[PDB]
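This report concerns only the one structure given below.
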Amino acid sequence: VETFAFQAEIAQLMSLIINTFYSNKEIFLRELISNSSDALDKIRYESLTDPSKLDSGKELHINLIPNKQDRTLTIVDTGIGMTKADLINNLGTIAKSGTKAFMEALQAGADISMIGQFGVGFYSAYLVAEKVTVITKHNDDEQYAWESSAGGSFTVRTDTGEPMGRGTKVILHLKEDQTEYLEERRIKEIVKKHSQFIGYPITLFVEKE
Ligand SMILES: COc1c(C)cnc(Cn2cnc3c(Cl)nc(N)nc32)c1C
């Protein structure tokens with residue numbers, strides 16, 4: 001297991017997200033779904049010029065999986081996935097500029113719900129999650145598990161779990177007071193409100209209870 005420091009700017013963003021009083025936490029789902037939609041668009045586009053990129057799975061979709069036993073909400077997609085380089089360096093690099101702009105915007109009167117406009121919507125996960133575990137598989141790279149409970153560090157390891165074929169699983173380990181996001185009717189409400197025109201099937205799994 002390798003342990004890495006976030007760049008200071010990203011640590012700062014995560015702190016702001018965790019510490020700021022902001023009631024409209026539900027926007028985290030829309031951001032993650034948007035991210036999944038963008039990853040699906042990317043693999044779809046690449047497949048037009050190299051069809052073998054779908055040898056790791058032709059189906060392009062999103063699954064939302066609540067688990068009350070584990071207190072997790074998992075957002076799964078069969079998008080392009082992330083390389084080791086994405087996890088350790090590239091995403092962080094890109095996020096530095098978006099973070100600065102977002103911070104500036106917040107000082108000028110913007111609110112947290114606008115985070116996606118700055119390309120750093122993933123970190124809104126921390127509105128509701130005490131820990132985020134990301135399982136990902138990109139073509140021509142290995143399956144990785146990234147994890148962070150914030151605090152300035154994250155880990156990356158090669159994943160020995162169920163092989164995914166291609167895609168990303170964002171596993172939200174929900175805060176004790178955020179378990180409404182495990183409830184079917186609440187997830188349906190939020191998807192209808194903020195994610196109604198996504199161009200891929202979104203399947204909301206039901207709890208076995
Ligand atoms: C490791 O966790 C992330 C970090 C630290 C920053 N951004 C994203 C969003 N993100 C970036 N590329 C992504 C792809 Cl291909 N797919 C999805 N679903 N989300 C992505 C993720 C998941």
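Heads up: numbering here begins at 1 and tracks the sequence. Counting starts at 1 for both ligands and their atoms, in listed order. The figures here come from the full heavy-atom set of this structure, side chains too, leaving out hydrogens, waters and symmetry mates.
This structure shows the drug at ligand 1 to be BIIB021. Among all chains, the one with more heavy-atom contacts to BIIB021 (ligand 1) than any other is, according to UniProt, Heat shock protein HSP 90-alpha.
The PDB lists the organism for chain A as Homo sapiens. Of the protein's non-hydrogen atoms, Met82 SD, 4.0 Å is the one closest to atom 20 (C) of BIIB021 (ligand 1).
Each of the atoms 15 (Cl) of BIIB021 (ligand 1) lies under 4.0 Å from some heavy atom of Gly81. Within the structure, the closest approach of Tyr123 to BIIB021 (ligand 1) falls below 4.0 Å when heavy atoms are considered. Distances shorter than 4.0 angstrom occur between a heavy atom of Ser36 and an atom of BIIB021 (ligand 1). Counting atoms of BIIB021 (ligand 1) from 1 in the listed order, those under 4.0 Å from a heavy atom of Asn35 are 9 (C), 19 (N).
Listed by number with element, the atoms of BIIB021 (ligand 1) under 4.0 Å from a non-hydrogen atom of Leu87 are 1 (C). Close approach of BIIB021 (ligand 1) to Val134 (heavy-atom distance below 4.0 Å) involves ligand atoms 2 (O). Atom numbering of BIIB021 (ligand 1) starts at 1 in the shown order; those under 4.0 Å from a heavy atom of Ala39 are 14 (C), 15 (Cl), 16 (N). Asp77 OD2, 2.9 Å is the protein heavy atom nearest to atom 18 (N) of BIIB021 (ligand 1).
With a heavy-atom cut-off of 4.0 Å, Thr136 does not touch BIIB021 (ligand 1) at all. Of all atoms in BIIB021 (ligand 1), numbered sequentially from 1 with element shown, those under 4.0 Å from a heavy atom of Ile80 are 15 (Cl). Within BIIB021 (ligand 1), counting atoms from 1 as listed, the ones closer than 4.0 Å to a heavy atom of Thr168 are 16 (N), 18 (N). Closest protein heavy atom to atom 2 (O) of BIIB021 (ligand 1): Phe122 CZ, 3.3 Å. Residues of other chains with a heavy atom under 4.0 Å from BIIB021 (ligand 1): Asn35, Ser36, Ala39, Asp77, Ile80, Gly81, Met82, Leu87, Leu91, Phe122, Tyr123, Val134, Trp146, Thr168.
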